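Presented below is an entry in which one can find mometasone furoate.
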Amino acid sequence: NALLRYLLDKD
Amino acid sequence: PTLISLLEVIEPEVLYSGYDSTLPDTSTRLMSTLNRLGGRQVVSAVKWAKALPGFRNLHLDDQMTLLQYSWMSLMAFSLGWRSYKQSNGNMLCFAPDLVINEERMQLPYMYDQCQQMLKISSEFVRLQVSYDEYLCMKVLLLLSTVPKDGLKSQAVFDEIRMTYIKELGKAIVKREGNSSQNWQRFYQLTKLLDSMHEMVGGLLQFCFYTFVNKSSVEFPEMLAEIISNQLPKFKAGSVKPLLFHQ
Ligand SMILES: C[C@@H]1C[C@H]2[C@@H]3CCC4=CC(=O)C=C[C@]4(C)[C@@]3(Cl)[C@@H](O)C[C@]2(C)[C@@]1(OC(=O)c1ccco1)C(=O)CCl
(Lines of atoms letter the chains of each structure in order from A and count residues from 1; the text may use other names and numbers.)
(Lines give C-alpha, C1' and ligand atoms only; values in the text may rest on other atoms or scores of the structure.)
Protein backbone atom coordinates (compact mmCIF):
# COMPACT_ATOMS: atom_id res chain seq x y z
CA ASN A 1 0.00 0.00 0.00
CA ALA A 2 0.97 3.59 0.87
CA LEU A 3 4.49 3.09 2.21
CA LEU A 4 5.70 0.89 -0.65
CA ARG A 5 4.07 3.30 -3.12
CA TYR A 6 5.98 6.17 -1.47
CA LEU A 7 9.40 4.45 -1.59
CA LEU A 8 9.02 3.63 -5.29
CA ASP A 9 8.14 7.24 -6.18
CA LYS A 10 10.65 9.05 -3.94
CA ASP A 11 14.11 10.48 -4.75
CA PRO B 1 30.90 0.20 -17.28
CA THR B 2 29.40 -3.32 -17.23
CA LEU B 3 26.05 -4.44 -15.79
CA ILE B 4 27.70 -6.73 -13.21
CA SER B 5 29.93 -3.93 -11.88
CA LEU B 6 26.82 -1.78 -11.45
CA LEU B 7 25.22 -4.62 -9.45
CA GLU B 8 28.32 -4.57 -7.22
CA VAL B 9 27.95 -0.83 -6.58
CA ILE B 10 24.19 -0.87 -5.89
CA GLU B 11 24.38 -3.84 -3.49
CA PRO B 12 23.19 -2.53 -0.07
CA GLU B 13 25.71 -2.25 2.78
CA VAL B 14 25.35 -4.85 5.55
CA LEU B 15 23.12 -3.39 8.28
CA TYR B 16 23.60 -3.57 12.04
CA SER B 17 20.70 -4.77 14.17
CA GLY B 18 21.69 -2.91 17.35
CA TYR B 19 20.83 -6.07 19.28
CA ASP B 20 21.57 -5.70 22.97
CA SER B 21 22.77 -8.97 24.49
CA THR B 22 23.10 -7.28 27.91
CA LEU B 23 19.30 -7.57 28.17
CA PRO B 24 17.61 -10.94 28.94
CA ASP B 25 17.51 -13.44 26.05
CA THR B 26 13.85 -14.10 25.15
CA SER B 27 12.04 -15.36 22.03
CA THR B 28 9.86 -12.25 21.68
CA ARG B 29 12.86 -9.88 21.86
CA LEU B 30 14.81 -11.84 19.24
CA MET B 31 11.98 -12.15 16.70
CA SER B 32 11.10 -8.47 17.20
CA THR B 33 14.74 -7.44 16.75
CA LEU B 34 14.90 -9.58 13.60
CA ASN B 35 11.65 -8.10 12.31
CA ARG B 36 12.95 -4.55 12.86
CA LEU B 37 16.16 -5.44 11.03
CA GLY B 38 14.07 -7.04 8.25
CA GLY B 39 11.91 -3.94 7.84
CA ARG B 40 15.03 -1.84 7.26
CA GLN B 41 16.52 -4.41 4.86
CA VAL B 42 13.30 -4.39 2.83
CA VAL B 43 13.52 -0.59 2.57
CA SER B 44 17.06 -1.00 1.20
CA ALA B 45 15.82 -3.68 -1.23
CA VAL B 46 13.28 -1.23 -2.67
CA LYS B 47 16.08 1.29 -3.25
CA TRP B 48 18.18 -1.52 -4.73
CA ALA B 49 15.44 -2.69 -7.11
CA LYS B 50 14.78 0.90 -8.31
CA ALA B 51 18.45 1.09 -9.35
CA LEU B 52 18.30 -2.11 -11.45
CA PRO B 53 18.42 -1.28 -15.15
CA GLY B 54 15.02 -2.28 -16.52
CA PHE B 55 13.03 -2.49 -13.28
CA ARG B 56 11.70 1.06 -13.74
CA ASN B 57 10.45 0.24 -17.26
CA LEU B 58 7.85 -1.94 -15.52
CA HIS B 59 4.39 -0.65 -14.57
CA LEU B 60 4.31 0.63 -10.99
CA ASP B 61 1.83 -2.11 -10.03
CA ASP B 62 4.21 -4.79 -11.37
CA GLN B 63 7.05 -3.19 -9.39
CA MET B 64 5.02 -3.42 -6.17
CA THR B 65 3.88 -6.97 -6.91
CA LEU B 66 7.39 -8.35 -7.50
CA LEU B 67 8.71 -6.78 -4.29
CA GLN B 68 5.65 -7.99 -2.31
CA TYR B 69 5.99 -11.51 -3.73
CA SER B 70 9.74 -12.06 -3.41
CA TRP B 71 10.86 -10.00 -0.39
CA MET B 72 11.30 -13.05 1.84
CA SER B 73 13.33 -14.85 -0.85
CA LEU B 74 15.68 -11.86 -1.24
CA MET B 75 16.20 -11.59 2.52
CA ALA B 76 16.79 -15.31 3.02
CA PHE B 77 19.15 -15.48 0.02
CA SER B 78 21.19 -12.53 1.36
CA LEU B 79 21.23 -14.13 4.81
CA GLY B 80 22.45 -17.34 3.16
CA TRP B 81 25.22 -15.34 1.48
CA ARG B 82 26.35 -13.48 4.61
CA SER B 83 26.39 -16.76 6.57
CA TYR B 84 28.51 -18.42 3.87
CA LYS B 85 31.11 -15.63 3.79
CA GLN B 86 31.19 -14.83 7.53
CA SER B 87 31.27 -18.40 8.94
CA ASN B 88 31.21 -20.90 6.03
CA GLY B 89 27.53 -21.68 6.71
CA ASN B 90 28.15 -22.79 10.31
CA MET B 91 26.37 -19.79 11.86
CA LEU B 92 23.38 -17.65 10.93
CA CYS B 93 24.87 -14.21 10.37
CA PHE B 94 21.84 -11.92 10.41
CA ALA B 95 24.09 -8.95 11.17
CA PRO B 96 27.66 -8.54 12.49
CA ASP B 97 26.15 -7.77 15.93
CA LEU B 98 23.57 -10.58 15.70
CA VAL B 99 25.25 -13.89 14.92
CA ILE B 100 23.49 -17.08 16.03
CA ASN B 101 25.60 -19.95 17.40
CA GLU B 102 25.02 -23.63 16.74
CA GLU B 103 24.32 -23.74 20.49
CA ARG B 104 21.91 -20.77 20.25
CA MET B 105 19.93 -22.69 17.62
CA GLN B 106 19.32 -25.59 20.03
CA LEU B 107 16.41 -23.58 21.51
CA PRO B 108 12.89 -25.04 20.96
CA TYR B 109 11.25 -21.82 19.77
CA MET B 110 13.77 -21.31 16.96
CA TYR B 111 15.43 -24.65 16.07
CA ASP B 112 13.17 -25.47 13.13
CA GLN B 113 13.25 -22.11 11.32
CA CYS B 114 17.03 -21.86 11.90
CA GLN B 115 17.55 -25.28 10.27
CA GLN B 116 15.55 -24.07 7.26
CA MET B 117 17.71 -20.93 6.96
CA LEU B 118 20.97 -22.92 7.33
CA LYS B 119 19.96 -25.13 4.41
CA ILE B 120 20.07 -22.09 2.11
CA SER B 121 23.61 -21.15 3.19
CA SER B 122 24.76 -24.77 2.90
CA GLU B 123 23.78 -24.60 -0.81
CA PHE B 124 26.20 -21.67 -1.25
CA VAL B 125 28.84 -23.82 0.48
CA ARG B 126 28.10 -26.90 -1.66
CA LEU B 127 28.23 -24.98 -4.96
CA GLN B 128 31.02 -22.55 -3.97
CA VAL B 129 28.90 -19.74 -5.44
CA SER B 130 30.84 -16.63 -6.45
CA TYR B 131 29.86 -13.06 -5.59
CA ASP B 132 28.80 -12.17 -9.15
CA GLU B 133 26.81 -15.42 -9.47
CA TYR B 134 25.01 -14.54 -6.22
CA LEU B 135 24.19 -11.02 -7.39
CA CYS B 136 22.75 -12.22 -10.71
CA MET B 137 20.68 -14.96 -9.03
CA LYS B 138 19.34 -12.40 -6.53
CA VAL B 139 18.02 -10.22 -9.37
CA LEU B 140 16.35 -13.33 -10.83
CA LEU B 141 14.73 -14.11 -7.44
CA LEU B 142 13.07 -10.69 -7.56
CA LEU B 143 11.68 -11.88 -10.91
CA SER B 144 10.70 -15.43 -9.88
CA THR B 145 7.22 -15.05 -8.34
CA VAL B 146 4.25 -13.64 -10.25
CA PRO B 147 0.42 -13.56 -10.20
CA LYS B 148 -1.51 -16.29 -12.06
CA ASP B 149 -3.67 -13.61 -13.75
CA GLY B 150 -0.39 -12.32 -15.19
CA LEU B 151 1.37 -8.97 -15.20
CA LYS B 152 0.57 -5.50 -16.59
CA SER B 153 3.82 -5.14 -18.55
CA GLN B 154 4.60 -8.77 -19.43
CA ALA B 155 6.81 -8.04 -22.45
CA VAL B 156 9.12 -5.69 -20.51
CA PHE B 157 9.29 -8.29 -17.71
CA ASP B 158 10.21 -11.06 -20.19
CA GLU B 159 13.04 -8.92 -21.61
CA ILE B 160 14.33 -8.11 -18.09
CA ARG B 161 14.57 -11.81 -17.19
CA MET B 162 16.33 -12.45 -20.52
CA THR B 163 18.85 -9.68 -19.73
CA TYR B 164 19.71 -11.11 -16.29
CA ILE B 165 19.80 -14.76 -17.41
CA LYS B 166 22.59 -13.67 -19.82
CA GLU B 167 24.36 -11.75 -17.02
CA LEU B 168 24.31 -14.93 -14.95
CA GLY B 169 26.10 -16.56 -17.90
CA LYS B 170 28.80 -13.88 -17.75
CA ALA B 171 29.14 -14.47 -13.98
CA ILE B 172 29.65 -18.21 -14.63
CA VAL B 173 32.35 -17.39 -17.22
CA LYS B 174 34.04 -14.77 -14.99
CA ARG B 175 34.38 -17.47 -12.31
CA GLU B 176 35.36 -20.57 -14.34
CA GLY B 177 37.17 -18.99 -17.33
CA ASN B 178 35.36 -20.52 -20.35
CA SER B 179 34.95 -24.26 -19.77
CA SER B 180 32.94 -26.53 -22.07
CA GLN B 181 30.94 -27.66 -19.02
CA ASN B 182 29.53 -24.20 -18.20
CA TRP B 183 26.11 -25.59 -19.18
CA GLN B 184 26.31 -27.84 -16.13
CA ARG B 185 27.04 -24.81 -13.94
CA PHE B 186 24.08 -22.90 -15.40
CA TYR B 187 21.88 -25.95 -14.81
CA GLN B 188 23.03 -26.17 -11.17
CA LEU B 189 22.33 -22.48 -10.48
CA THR B 190 18.89 -22.57 -12.13
CA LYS B 191 18.13 -25.66 -10.00
CA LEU B 192 19.14 -23.68 -6.89
CA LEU B 193 16.85 -20.80 -7.91
CA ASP B 194 13.96 -23.24 -8.43
CA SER B 195 14.51 -24.82 -4.99
CA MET B 196 14.31 -21.39 -3.32
CA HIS B 197 10.48 -21.50 -3.49
CA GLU B 198 10.39 -24.64 -1.37
CA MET B 199 13.26 -23.58 0.95
CA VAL B 200 11.49 -20.28 1.67
CA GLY B 201 7.88 -21.59 1.70
CA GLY B 202 8.22 -22.82 5.29
CA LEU B 203 9.70 -19.47 6.35
CA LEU B 204 6.74 -17.54 4.94
CA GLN B 205 4.38 -20.03 6.60
CA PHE B 206 5.85 -19.37 10.06
CA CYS B 207 5.95 -15.65 9.30
CA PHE B 208 2.27 -15.51 8.27
CA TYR B 209 1.30 -17.57 11.33
CA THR B 210 3.21 -15.27 13.70
CA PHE B 211 1.66 -12.19 12.03
CA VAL B 212 -1.95 -13.42 12.25
CA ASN B 213 -2.00 -15.22 15.62
CA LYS B 214 0.49 -12.73 17.13
CA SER B 215 2.36 -15.62 18.77
CA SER B 216 3.38 -10.94 21.15
CA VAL B 217 5.80 -10.26 18.29
CA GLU B 218 6.29 -6.79 16.79
CA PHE B 219 6.26 -6.18 13.04
CA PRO B 220 7.40 -2.78 11.71
CA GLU B 221 5.02 -0.99 9.31
CA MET B 222 7.14 -1.89 6.26
CA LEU B 223 6.77 -5.63 6.93
CA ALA B 224 3.18 -5.40 8.20
CA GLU B 225 2.11 -3.64 4.99
CA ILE B 226 3.68 -6.25 2.69
CA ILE B 227 2.63 -9.30 4.76
CA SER B 228 -1.04 -8.27 5.13
CA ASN B 229 -1.17 -7.54 1.39
CA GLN B 230 0.68 -10.76 0.50
CA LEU B 231 -1.33 -12.95 2.95
CA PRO B 232 -4.75 -13.29 1.22
CA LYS B 233 -3.14 -13.99 -2.19
CA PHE B 234 -1.15 -17.01 -0.98
CA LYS B 235 -4.25 -18.43 0.76
CA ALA B 236 -6.22 -17.97 -2.48
CA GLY B 237 -3.46 -19.87 -4.32
CA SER B 238 -3.21 -16.87 -6.64
CA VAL B 239 0.62 -16.85 -6.82
CA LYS B 240 2.70 -18.44 -9.58
CA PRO B 241 6.27 -19.50 -8.76
CA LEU B 242 8.38 -19.42 -11.96
CA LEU B 243 10.52 -22.56 -12.37
CA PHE B 244 13.33 -23.27 -14.87
CA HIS B 245 12.76 -27.04 -14.74
CA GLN B 246 9.35 -28.70 -14.74
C1 LIG C 1 11.19 -17.76 10.26
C2 LIG C 1 10.90 -16.33 9.80
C3 LIG C 1 11.82 -15.91 8.65
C4 LIG C 1 12.46 -14.64 9.19
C5 LIG C 1 13.17 -13.69 8.21
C6 LIG C 1 14.17 -14.47 7.35
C7 LIG C 1 15.02 -13.57 6.45
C8 LIG C 1 15.52 -12.38 7.25
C9 LIG C 1 16.88 -12.09 7.24
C10 LIG C 1 17.39 -11.02 7.97
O11 LIG C 1 18.61 -10.78 7.94
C12 LIG C 1 16.54 -10.22 8.73
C13 LIG C 1 15.17 -10.47 8.78
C14 LIG C 1 14.53 -11.57 8.04
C15 LIG C 1 13.60 -10.89 7.03
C16 LIG C 1 13.83 -12.54 9.01
CL17 LIG C 1 15.10 -13.31 10.03
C18 LIG C 1 12.88 -11.89 10.04
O19 LIG C 1 11.98 -10.95 9.43
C20 LIG C 1 12.07 -12.89 10.89
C21 LIG C 1 11.39 -13.99 10.07
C22 LIG C 1 10.21 -13.41 9.27
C23 LIG C 1 10.96 -15.22 10.87
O24 LIG C 1 12.03 -15.45 11.81
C25 LIG C 1 12.12 -16.40 12.92
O26 LIG C 1 11.14 -16.92 13.42
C27 LIG C 1 13.49 -16.71 13.41
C28 LIG C 1 14.73 -16.23 13.04
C29 LIG C 1 15.64 -16.89 13.85
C30 LIG C 1 14.94 -17.75 14.67
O31 LIG C 1 13.58 -17.63 14.40
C32 LIG C 1 9.64 -15.07 11.60
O33 LIG C 1 8.65 -15.68 11.23
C34 LIG C 1 9.51 -14.18 12.81
CL35 LIG C 1 7.89 -13.43 12.79
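Below, chains carry the letters A, B, ... as their sequence lines are ordered, and counting in each starts from 1. Hydrogens, waters and symmetry mates are skipped; everything else that's a heavy atom, side chains included, is used. In each ligand, atom 1 is the first atom listed, and ligand 1 is the first ligand listed.
Of all chains here, the one making more contacts with mometasone furoate than any other appears in the PDB entry as Ancestral Glucocorticoid Receptor 2. Counting only non-hydrogen atoms, chains lying under 4.0 Å from mometasone furoate: B.
Lab note: binding site of mometasone furoate, heavy atoms under 4.0 Å, is B/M31, B/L34, B/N35, B/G38, B/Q41, B/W71, B/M72, B/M75, B/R82, B/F94, B/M110, B/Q113, B/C114, B/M117, B/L203, B/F206, B/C207, B/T210, B/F219.
For atom 35 (Cl) of mometasone furoate, a protein heavy-atom neighbour is found at a distance under 4.0 Å. Atom 18 (C) of mometasone furoate lies below 4.0 Å from at least one non-hydrogen atom of the protein.
Per the deposited entry, no covalent link of mometasone furoate reaches a chain.
Distance check for atom 14 (C) of mometasone furoate: every protein heavy atom is found at 4.0 Å or beyond. Shown here, atom 4 (C) of mometasone furoate is out of close reach of the protein: none of its heavy atoms lies under 4.0 Å off.
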